[PDB]
Colleague: 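Sending over a structure as structure tokens; questions will come in a sec.
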Amino acid sequence: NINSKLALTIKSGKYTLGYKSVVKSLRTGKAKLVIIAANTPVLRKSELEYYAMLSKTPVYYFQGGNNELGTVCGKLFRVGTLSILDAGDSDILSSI
Amino acid sequence: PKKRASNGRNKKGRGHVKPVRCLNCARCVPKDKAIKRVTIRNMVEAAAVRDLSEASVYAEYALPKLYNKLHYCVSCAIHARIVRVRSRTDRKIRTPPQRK
Amino acid sequence: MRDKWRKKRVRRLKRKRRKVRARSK
Amino acid sequence: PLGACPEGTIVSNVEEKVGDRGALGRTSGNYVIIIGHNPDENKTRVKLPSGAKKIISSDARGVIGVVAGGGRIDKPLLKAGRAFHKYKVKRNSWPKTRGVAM
Amino acid sequence: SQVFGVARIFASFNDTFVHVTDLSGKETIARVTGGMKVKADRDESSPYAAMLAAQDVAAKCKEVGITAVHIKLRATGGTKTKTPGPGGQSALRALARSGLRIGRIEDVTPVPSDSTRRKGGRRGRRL
Amino acid sequence: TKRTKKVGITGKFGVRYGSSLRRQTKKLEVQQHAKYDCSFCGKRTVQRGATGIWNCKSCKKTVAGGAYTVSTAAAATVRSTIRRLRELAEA
Amino acid sequence: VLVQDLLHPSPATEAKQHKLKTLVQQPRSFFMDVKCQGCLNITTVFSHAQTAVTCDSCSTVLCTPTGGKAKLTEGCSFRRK
Amino acid sequence: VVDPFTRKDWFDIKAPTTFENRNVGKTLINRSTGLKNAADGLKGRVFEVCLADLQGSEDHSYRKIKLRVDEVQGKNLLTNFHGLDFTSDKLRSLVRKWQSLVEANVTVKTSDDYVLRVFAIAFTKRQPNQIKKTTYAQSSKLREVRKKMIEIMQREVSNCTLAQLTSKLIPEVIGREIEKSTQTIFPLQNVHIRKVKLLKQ
RNA sequence: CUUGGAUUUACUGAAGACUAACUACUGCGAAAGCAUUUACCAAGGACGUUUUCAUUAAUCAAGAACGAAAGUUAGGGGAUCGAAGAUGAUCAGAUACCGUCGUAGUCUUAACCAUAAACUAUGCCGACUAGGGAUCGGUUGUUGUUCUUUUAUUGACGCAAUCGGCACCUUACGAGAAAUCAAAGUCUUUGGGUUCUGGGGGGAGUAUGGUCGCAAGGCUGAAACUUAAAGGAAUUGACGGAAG
Ligand SMILES: O[C@H](c1cc(C(F)(F)F)nc2c(C(F)(F)F)cccc12)[C@@H]1CCCCN1
Ligand SMILES: [Mg+2]
Ligand SMILES: [Mg+2]
Ligand SMILES: [Mg+2]
Ligand SMILES: [Mg+2]
Ligand SMILES: [Mg+2]
Ligand SMILES: [Mg+2]
Ligand SMILES: [Mg+2]
Ligand SMILES: [Mg+2]
Ligand SMILES: [Mg+2]
Ligand SMILES: [Mg+2]
Ligand SMILES: [Mg+2]
Ligand SMILES: [Mg+2]
Ligand SMILES: [Mg+2]
Ligand SMILES: [Mg+2]
Ligand SMILES: [Mg+2]
Ligand SMILES: [Mg+2]
Ligand SMILES: [Mg+2]
Ligand SMILES: [Mg+2]
Ligand SMILES: [Mg+2]
Ligand SMILES: [Mg+2]
Ligand SMILES: [Mg+2]
Ligand SMILES: [Zn+2]
Ligand SMILES: [Zn+2]
């Protein structure tokens, strides 16, 4: 179900893919949600979640690796983390 | 020639049916072909239901039954006379025999 | 003879034929 | 410690005696299976790679898992040179002349 | 006021076990088999041998003090036959007729969910 | 083009050692020269070092594995048994 | 039966026939005008509707699709056209 | 030879207060000697006694309770609840043809951290005015009944201690509540909690 | 195998398989096949439709996918059964039936093999010809019935229709050598479309050649020669270590 919600958000809404974009969006306060893949290094995870704690942003832990997060986003590359900037037709922020 | 329109089994609209072992000889027989009898017998014969009821510490105690479902192959059943060879015209009758 | 055992016999005779020709290649 | 591992635990580098720092199941692909415990006598029964059952102190230690590098014997050496290089860093036991040929 | 044991009677088609334990079943009080009372294998499972064995079991149990038993009849079970042997009924009637008191009777034949292959082969045992 | 019909990597051995031994070498030597998925970074950069040693070129993680494959069946079973026991009834 | 009027079948047996097996096939569905309790606005809805149609006035679902005829929600009254 | 029964000492088994006839019966063990105590070999014993005996009433004749002894006070054995099961004959008399059988099981923890597996069983009931030969429920209905079963055992076990659950079991509260809760799904008969198992103590 | 405590009994644990009863003239799948729960992944028939496209279709040499069991190669597992083998009986002999063990195998992972009485011994598509009751899925109309909950928009059940299935019962207009068949009918009153196969029995699924396969083997496949029958269904009798 979350795959369908994520596909709808990627298709209609706004997002950034990648650690540097996610951290920039957390610094600027433009992030509504940060999704982190399961096989992300723990040091990077605990740093993303310290940024999210400071920014008051929810964190969703994807159960698959960055290969499955990449194919969920409809991408042909790997996505270690991503931030949802604007949930459009989806309700992921209201469901997570 | 063809002896039975059902081929002696009960497989129609089906490819394969998992087998069962004959109770008497342990022969692998398809589940639909096996001769199956459901028996619910008293565990104590009526001769001994009296002395066992008097020896019972419970007044008005019902003796439990023994429930069993027996599976026979065609050879097991014919040998034990569970089923018998019937005439050509009498083979078609599918009502249960009227004995019980 | 039984057809199945006759078939096994013929298989054994083909085996012998094959080995005999293989002897001289 | 062996007593801290439930029955059926696959364990490796197990101590025969408390403190010898590992004796059993040390070669590639090998391990020791913990069969059961006898808490009254403080003993544990294990099954060794040879198939033997042994009784060890429950205070003896072991490492959880299978020794790495397994499946090595599955490939043929294919060559005398391969056996030569195998024993060049083990010891002088190869090649072997048959005693009947002496 | 009575003291209950558990009379675990195992009646197969080759022998008959009359095994009297306590209520818990960890303590055996008397175990006389039908093969201990006759010298022919063909009649180790006879009703006569099972009844005599049960009567001797009752006599030995009484002098130890067990005054009542619950009955747990069983057949061989497993992949083999599920019907109790001919001697279990005679050993039960003999126990009832020997002055010992009988409580509940239950069948505890081991019945597998499905199974684990049965001996005899695909074509069964011929003869 | 396709260069060999069936020998594959064992074509370096020529006609020697016997066909059964060469196909036995081929089975395990394709496994020891294959590239495996890194369980840590997700890239296909894992190669064997010495026997039992599997290195990832990308993230420089070394993992202990099998002689010719990254994971043996016994190790896979222990990994799954431990993950069950924990992430389940025993929390 | 050798003699039978095939061109003028009895309308009782004609109505029991399957919809494709009549002399001229004709749908058995129809359109209804559904009045929700909240307001009064004619809204044409197909009887075997596959969509959860909502009226313009109040955002209330008029019918829910089923295997056959759509099931109207409570407080909604229908009249066959 | 020695007659090892001269060295047997009889002990009394005491049931929890949930039952009525707390005089379960008598057991025996080798008399406590210097080398071997009677206590260590007598504790840990499991007694299987029918609930009809534990309650006097014959309405419980088809359920039998396992009591596990874990403390000894002189000649009395203080037992605790160890499990529930149906008799084989009762289950075989309930499993007829021309009807649907539905089963469910769940691993559940009590209020006091007693790990149980509870097995529920039920059968479709043939209506009094029913004419067709068979009474079969669709597999979707069986899945919905199974889910309602699962969430009812989960609720009625996680909200109570083991003694209270036993007090719920004796009048068959859970089976009647499952039957009541599944009325709008399919008619059922002989709805029972047929087995409860202790895994870890 | 057993006074070295067997068998039996209770508790505990570990291994692999396997899913009893429910289970049926019942379901699904192209077939082989598929039966513990739940989750996830992608499929499917039927039904309903006053949605959409408009001949896109039917059968198919060549060429492909899948294909029970057994079998082959290598790991894993290897509880139970168990080819081979070993053993105790029976017998004139039994290296057979019966008993006790038992290796491959049985299970699984990567690949092979492509055969079965793989059967409904009945190719696939289409039209028509005769009555009946059951049953599974869907849909549409309706109860002196039980039930949600106390009632409805609960569900179950009951009565009718219908489409699709798995089948069944009676008759024989009709077919057939008959057994029998609602198709094996609409075939000398011979023509709806199309694929495959057979031409007396053996020799023979043999030889040879080709091709696939690691192998076992698979597919394709003669001739010389030989022979008056072989065979199908039914009738009367005779016989049976079959029943009455
Ligand atoms: O006692 C068994 C058991 C087996 C095995 C294994 F298969 F790996 F050898 N490992 C077990 C372990 C272990 F730690 F993974 F080794 C702990 C407890 C029980 C184990 C069962 C089966 C697995 C789930 C419950 N324990
Ligand atoms: Mg015949
Ligand atoms: Mg079908
Ligand atoms: Mg078949
Ligand atoms: Mg040297
Ligand atoms: Mg050598
Ligand atoms: Mg010399
Ligand atoms: Mg015979
Ligand atoms: Mg089952
Ligand atoms: Mg079904
Ligand atoms: Mg072709
Ligand atoms: Mg193997
Ligand atoms: Mg084996
Ligand atoms: Mg065996
Ligand atoms: Mg011999
Ligand atoms: Mg034998
Ligand atoms: Mg063929
Ligand atoms: Mg058939
Ligand atoms: Mg054919
Ligand atoms: Mg219907
Ligand atoms: Mg010819
Ligand atoms: Mg003939
Ligand atoms: Zn047979
Ligand atoms: Zn890596």
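Each chain gets a letter, A, B and so on, in the order its sequence line appears, and its residues count up from 1. The displayed model is a subset of the deposited entry, and contacts were enumerated within the subset. Heads up, header says this was done by electron microscopy, 3.1 Å. Atoms within a ligand are numbered from 1 in the order they appear, just like the ligands themselves.
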Colleague: State what ligand 1 is bound to in this structure, picking the chain with most contacts and naming it per the PDB entry.
Modeller: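 The largest share of contacts goes to 60S ribosomal protein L2-B.
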Colleague: According to the PDB, which drug is present at ligand 1?
Modeller: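 The name is (11R,12S)-mefloquine.
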Colleague: Can you point out the other chains with any heavy atom under 4.0 Å from (11R,12S)-mefloquine, by letter?
Modeller: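 Going by non-hydrogen atoms, D, F, I.
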Colleague: What molecule name appears for RNA chain I in the entry?
Modeller: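 The entry lists it as 18S ribosomal RNA.
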Colleague: According to the entry, what organism does chain D come from?
Modeller: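 According to the deposit, it's Candida albicans.
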Colleague: Which residues does the binding site of (11R,12S)-mefloquine contain at 4.0 Å, with heavy atoms considered?
Modeller: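 The binding site of (11R,12S)-mefloquine (heavy atoms) is D:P6, D:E7, D:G8, D:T9, D:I10, F:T81, F:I82, F:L85, I:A14, I:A15.
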